[PDB]
Peer 1: 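The following entry shows acarbose complexed with Glucan 1,4-alpha-glucosidase SusB.
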Amino acid sequence: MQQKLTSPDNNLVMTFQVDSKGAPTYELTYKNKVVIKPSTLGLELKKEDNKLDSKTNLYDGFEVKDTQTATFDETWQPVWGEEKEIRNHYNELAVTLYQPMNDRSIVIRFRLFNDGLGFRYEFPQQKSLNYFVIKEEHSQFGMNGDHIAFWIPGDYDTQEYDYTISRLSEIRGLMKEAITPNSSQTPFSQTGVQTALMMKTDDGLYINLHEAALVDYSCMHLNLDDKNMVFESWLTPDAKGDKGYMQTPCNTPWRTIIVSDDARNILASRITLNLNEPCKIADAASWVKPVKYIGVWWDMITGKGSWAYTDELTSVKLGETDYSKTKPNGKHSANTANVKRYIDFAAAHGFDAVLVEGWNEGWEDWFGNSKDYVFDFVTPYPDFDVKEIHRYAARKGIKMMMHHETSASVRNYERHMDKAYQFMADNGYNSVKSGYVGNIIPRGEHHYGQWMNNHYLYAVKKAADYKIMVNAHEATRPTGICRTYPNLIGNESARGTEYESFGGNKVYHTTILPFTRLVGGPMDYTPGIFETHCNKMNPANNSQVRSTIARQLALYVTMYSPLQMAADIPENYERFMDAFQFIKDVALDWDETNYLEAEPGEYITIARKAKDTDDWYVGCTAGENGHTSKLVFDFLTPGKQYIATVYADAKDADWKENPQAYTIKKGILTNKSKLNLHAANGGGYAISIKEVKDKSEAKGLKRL
Amino acid sequence: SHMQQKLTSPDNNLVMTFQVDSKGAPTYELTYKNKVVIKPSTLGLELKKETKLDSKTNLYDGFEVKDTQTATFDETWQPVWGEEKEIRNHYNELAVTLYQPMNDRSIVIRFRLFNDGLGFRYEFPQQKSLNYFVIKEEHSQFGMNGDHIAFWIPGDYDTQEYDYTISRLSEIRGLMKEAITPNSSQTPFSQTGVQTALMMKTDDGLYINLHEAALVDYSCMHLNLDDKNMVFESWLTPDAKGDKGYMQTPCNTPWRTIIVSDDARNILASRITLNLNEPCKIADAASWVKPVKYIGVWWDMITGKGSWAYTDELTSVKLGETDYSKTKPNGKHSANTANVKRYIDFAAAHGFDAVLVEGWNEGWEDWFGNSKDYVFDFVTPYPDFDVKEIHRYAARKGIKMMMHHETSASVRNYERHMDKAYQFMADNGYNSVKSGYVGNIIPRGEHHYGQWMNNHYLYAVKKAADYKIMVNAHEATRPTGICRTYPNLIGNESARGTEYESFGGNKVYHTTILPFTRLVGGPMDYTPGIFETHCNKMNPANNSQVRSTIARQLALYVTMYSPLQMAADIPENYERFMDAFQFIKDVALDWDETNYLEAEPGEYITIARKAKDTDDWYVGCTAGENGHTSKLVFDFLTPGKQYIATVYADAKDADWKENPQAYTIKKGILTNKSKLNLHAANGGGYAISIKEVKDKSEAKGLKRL
Ligand SMILES: C[C@H]1O[C@H](O[C@H]2[C@H](O)[C@@H](O)[C@@H](O[C@H]3[C@H](O)[C@@H](O)[C@@H](O)O[C@@H]3CO)O[C@@H]2CO)[C@H](O)[C@@H](O)[C@@H]1N[C@H]1C=C(CO)[C@@H](O)[C@H](O)[C@H]1O
Ligand SMILES: C[C@H]1O[C@H](O[C@H]2[C@H](O)[C@@H](O)[C@@H](O[C@H]3[C@H](O)[C@@H](O)[C@@H](O)O[C@@H]3CO)O[C@@H]2CO)[C@H](O)[C@@H](O)[C@@H]1N[C@H]1C=C(CO)[C@@H](O)[C@H](O)[C@H]1O
Ligand SMILES: [Ca+2]
Ligand SMILES: [Ca+2]
């Protein structure tokens, strides 16, 4: 009767069966500890526009018709990632479920790894199941206790919320305050949360609930039954309230449960990526590449500068408004002379590209007007010389990063997309930062519905045809699709550094993101703010970045991404050029990654080996209690000497009272070295460890 | 303030009186020859709100006249194609600037009064307190002076493919249920809602038409009747969230029109709709836009004889995955090279310009009602359709192929494929395309006539113009004169066409109403020309019968104006009646002059037109269930000239139901002194070709008629 699937190491066991009413039921244990209590699986379908009642049932009345098992064990290499190779090793169980009352069958495929379980529903092409609409997916995740969760409010339009750390039973009472103001937001439940969801159990376990390969389907959130402690899939509705237009053969994305008694193993898990389809960009390795950049950006985010060219018009209309006849507001940062200054800085310090926002016509009306024809993505303002900027950047060996804020007007963006990408190709742009700020147009749709998920992928696939890399802000959070389309080098899709200018992010924010948001794909977090007091940029902005300078440096290692921005303005980096050296030195791609220390909400310490080098980089980020590390460099090569530079919080450093106090020490390290470092409140540290290649490097240096 | 204003038509017959009432509501009234046409009616709009009412939502009262400007316009222009060579645009104008103290904002209401009607629109100037706004409801009233007889179809956000109903305004409510027949995509909105291009006949001898003009960047207007006070009010089409228009100043609403006369023929002669549209924007239009007479592989599938699909063995298909080469032909796929060539041969042998082919591309297996997103790619042909060979062959025969772009209402999908689709047309010699939008709109939640889709339809036409492509769009929002601005929009169905004669039939009087309603604003691709009226001969399972005689079908080439005319039957049926087919072969598609000889909505329409750049005339008469007797006087012909006339008429015992294929053909001479008595049978009519004699040899052996 019951089906049992075991992980390769025998530590995890998944038991499957249908109850007495034919409802698919599964459960999972880890080291003999209950991780997932008996939980049901199934979906309810929309009644077909006027048997008709029984057809809506795709949740019970099932009989196990057939079962197939198999084992997979292959290694693959991502174009860019946290390590050179990833091993995909799992035991699989596929259950064919027949539903007599509707004469149709579905398949539930289970893949069990040593670090977690993944499952998905498969809908075979058959006589009685072709086109169908999903009313709701009912995938349950029954918890064995009132765990501690690290969560953000379930929302169909934004994920730019600070995390909350509380018991599952406390979520309901905390939801109201957890939902802060945002340009576009649609919370759905007093107990709804987003994925990836991170939890810590009283019996020493760490559990992460998420999904993988979100394609041709609506984004999954989780709704908590806080009486029975059961999380259940809650999909994003379209403009009519429906949750998915399907056509067999088709599959739902995978649902994942990553678990371990060691928090570091959650970060090390590659289940999400392993469950995605293999790379579909044949020549990816020839053009896809990591990018370290700076940009004309923080000016506008802080309010010092503006995206708009003029402030004298009540509104603008592309093709009618003649900007050449308008009065400059004197705050437009995207002007040729200023852009060249950034290009100079980028070239002088080894950066790959320079982002510039506010370069094109239309910014006057970019915010909250639900404007359809808001941008054309190709017409520059009078003070932005596309060709001259291109000429200069190219001569300096710098690439300009295109900016495509859509103001959430999606049909408008698609209509202009080919011309926009061609414009990029014709003017030397091979990477683009897109955005979707505001309520979606078509009006009625949400940012994470099936409709928009299709758009985001459409944009990435078309970009691949033009050999363009994409960094999409406000898009649906990643679920590992980067394996399939490596040109998607980034997404924000979470609360980033920009909010440190909008009131600030919680001190423990970066000690949570790697356990949640980063599972499924890198984030364009835009770290590197040295002048943490925003009033120095804009007197009217009293927001303060909750970090020390040393912790900002650490983020280049603790916030993984092949796309890394040094977000502050050149002048501020010039004020602390000694600390800036770490940002200049740090790599963007890795051959190896060692998670040294990890505890969600408290601290994260990671060491990574730069790809194709013998150099290592270390970073530690900590919460309000700071953190003391006892580092052991036994991961370094035996018999080798290393030049180590330690960027750490000075004594009494503090994110609030003394954020710019840091020390820099240079010495020698070997695999026998041990170091004690203390991360302050909202602080951390960064270490560059370069293999000695010449005696004339250790001169005057002593062992640390 | 500001004593009521008076606006008069050039001929003094119409008078529009405007005044803001005691509560600040803009009010207008209209009289024709001292008879009330429009009783005091208010104008204004309610806006969407951006513990108490927000005054900003109020754009209907609390106004005061701040300024007024009058002007007269009198200019003549020439359409690329039309019912006559030149159109005179002559009106007296009154523009009223209305200031709203409570919101510190102003709007303008512009009135244009012609000898045959009134047009008005709202204008929203760019200003400090009015920039971006959303319309909740437009409140344009049209107060009737009585319980008039109306020729209407159910107000609907998704379809206009309904038969007309003739009833008193007070009877609409009780007839609505039965007037709403089954359709693939329909959204009725009121028990007393009707579609615009509403025709009425009053007890005191007036004919009134209510409609709109220049429907651009705005939601389609329908009319909702208050049958207790007989007041019609603008009812716009909602978007997926229920809103009725996203506006940004400066902007204007489309024009609202009231066409009136005591002579029904003058309703047909009115050019107010076209005159209110913006002038042509296609500079080189004359060099590529041209009328098209065509036939097509079409009726086969409409009747069920053939299929659009290539195979019947699949539960569904997925473009790019389904390999049609490995599928079994269903043996009913009409869109195959050899068959298409037969049509091309026929088109060339009889002087047609183009051949339409439907079911040529992959995907038709799932085209109907699945709300399928990636339903077509508009470029990949089925295994049995050789695009290049057909192009070479058609070119060799002097024929052009008409592209078919059924979208199955999946709009984002069509837009994503549009440039490649139009480029494919250009690369393969297709200069015209018949598009379609069958099914509920995708994005799901939108309706066929909302602001969103109206934008799409125009987007498709404007892009087509860049490719020098002409468009004929089925299921799109009904026309409002935009063809003046974009002459490449040579057609729309957007009403119940001949296809329904195969779906149970159209009412016998249908074609005696369309010219008074649907045709106001633009031509219709009605696809006339069915000679074998019994569909069971095409498909035994189809017992539908076309409600027409053969002679009436010929008449439609003159009474259903269009620069795009199809001869819808299959070649074999035209072969059976080649003598009658001669009229379809001879009739012109564009005209220098049009004379409306007889006209009564629901009963009969008789029209005479002079072919452009010729001295030849064509006449047609279409009648309802009571038939019609005409006393034709050919004084519109040129004095002293001889004409070779061929009369195609119903036999004395003809009847659409019992004897539809009984006709007579007479050839003789006509002069401006000639007179003919003709009788159109029940559901019948007649057609006449009148060619000026160019060589005395042509009149040899012929006598005067
Ligand atoms: C540019 C940015 O705009 C939006 O951010 C808004 C926040 O969501 C609001 O909550 C609000 O923040 C205010 C605080 O609530 C308030 O307590 C005080 O601290 O002042 C804050 C600023 O007024 O206002 C924010 C600005 O409107 C939007 O939600 C966010 O996603 C946008 N960021 C993206 C857009 C662009 C432009 O193309 C890029 O520069 C960024 O990289 C994107 O991430
Ligand atoms: C092709 C055509 O399909 C749709 O027409 C459907 C009618 O709207 C329905 O009411 C229904 O008619 C049936 C009668 O109700 C029933 O009493 C009996 O008489 O049988 C009739 C036929 O079954 O079914 C019709 C067929 O599904 C749709 O509404 C209509 O707009 C469509 N016409 C356009 C589509 C194409 C294809 O690309 C072109 O061939 C035509 O030119 C278009 O006008
Ligand atoms: Ca953002
Ligand atoms: Ca149709």
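Read the sequence lines top to bottom; their chains are A, B, and onward. What you see of chain A is 21-70, 85-738, where the numbers are those given in the PDB entry. The numbering of chain B matches the PDB entry: 19-68, 84-738, in order. Indexing begins at 1, ligand by ligand and atom by atom, following the structure's order.
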Peer 1: Please list all instances of acarbose by ligand or chain.
Peer 2: ligands 1 and 2
Peer 1: Which chain letters come up when looking for other chains with a heavy atom under 4.0 Å from acarbose (ligand 1)?
Peer 2: A
Peer 1: When you compare acarbose (ligand 1) with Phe401(A), is there at least one nitrogen or oxygen pair between them that comes in under 3.5 angstrom?
Peer 2: no
Peer 1: Report the overlap between the UniProt substrate-binding residues of chain A and the residues with a heavy atom under 4.0 Å from acarbose (ligand 1).
Peer 2: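 In chain A, UniProt binders with a non-hydrogen atom that close: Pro215(A), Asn216(A), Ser217(A), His437(A), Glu439(A), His507(A), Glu508(A).
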Peer 1: Nearest to acarbose (ligand 1), which UniProt active-site residue of chain A is it, and what is the least heavy-atom distance to 1 Å?
Peer 2: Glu532(A), 3 Å
Peer 1: State which other ligands or ions come closer than 4.0 Å to acarbose (ligand 1).
Peer 2: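 Other ligands and ions within range: ligand 3 (calcium ion).
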Peer 1: Does the N or O separation between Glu439(A) and acarbose (ligand 1) drop below 3.5 Å for any pair?
Peer 2: yes
Peer 1: State if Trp397(A) counts as touching acarbose (ligand 1) under the rule of any non-hydrogen atom under 4.0 Å.
Peer 2: yes
Peer 1: Quick one: does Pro215(A) get within less than 4.0 Å of acarbose (ligand 1), heavy atoms only?
Peer 2: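 Contact check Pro215(A) vs acarbose (ligand 1): positive.
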Peer 1: If you have a sec, work out which protein heavy atom is nearest atom 30 (C) of acarbose (ligand 1) and how many Å separate them, to one decimal?
Peer 2: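 Protein heavy atom with the smallest distance to atom 30 (C) of acarbose (ligand 1): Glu194(A) OE1, 3.6 Å.
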Peer 1: Is there a polar contact, in the sense of an N or O pair closer than 3.5 Å, between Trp400(A) and acarbose (ligand 1)?
Peer 2: no
Peer 1: Which of the numbered atoms in acarbose (ligand 1) are under 4.0 angstrom from any heavy atom belonging to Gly537(A)?
Peer 2: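 Counting atoms of acarbose (ligand 1) from 1, those under 4.0 Å from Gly537(A) are 19 (O).
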Peer 1: Could you tell me which residues in chain A that UniProt says bind Ca(2+) have heavy atoms under 4.0 Å from acarbose (ligand 1)?
Peer 2: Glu194(A), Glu508(A), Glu526(A), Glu532(A)
Peer 1: One residue to check: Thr192(A). Relative to acarbose (ligand 1), which of side chain, backbone, both or neither has a non-hydrogen atom less than 4.0 Å away?
Peer 2: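 Neither part.
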Peer 1: State which organism the PDB entry lists for chain A.
Peer 2: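 The entry lists the organism as Bacteroides thetaiotaomicron.
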Peer 1: Heavy-atom pairs closer than 4.0 Å: do any link acarbose (ligand 1) to the side chain of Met334(A), the backbone, both, or neither?
Peer 2: neither
Peer 1: Give, by chain and number, every residue with a heavy atom within 4.0 Å of acarbose (ligand 1).
Peer 2: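 At that heavy-atom cut-off, the residues are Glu194(A), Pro215(A), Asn216(A), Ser217(A), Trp331(A), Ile335(A), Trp341(A), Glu391(A), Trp397(A), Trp400(A), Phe401(A), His437(A), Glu439(A), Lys467(A), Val471(A), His507(A), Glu508(A), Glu526(A), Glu532(A), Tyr533(A), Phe536(A), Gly537(A).
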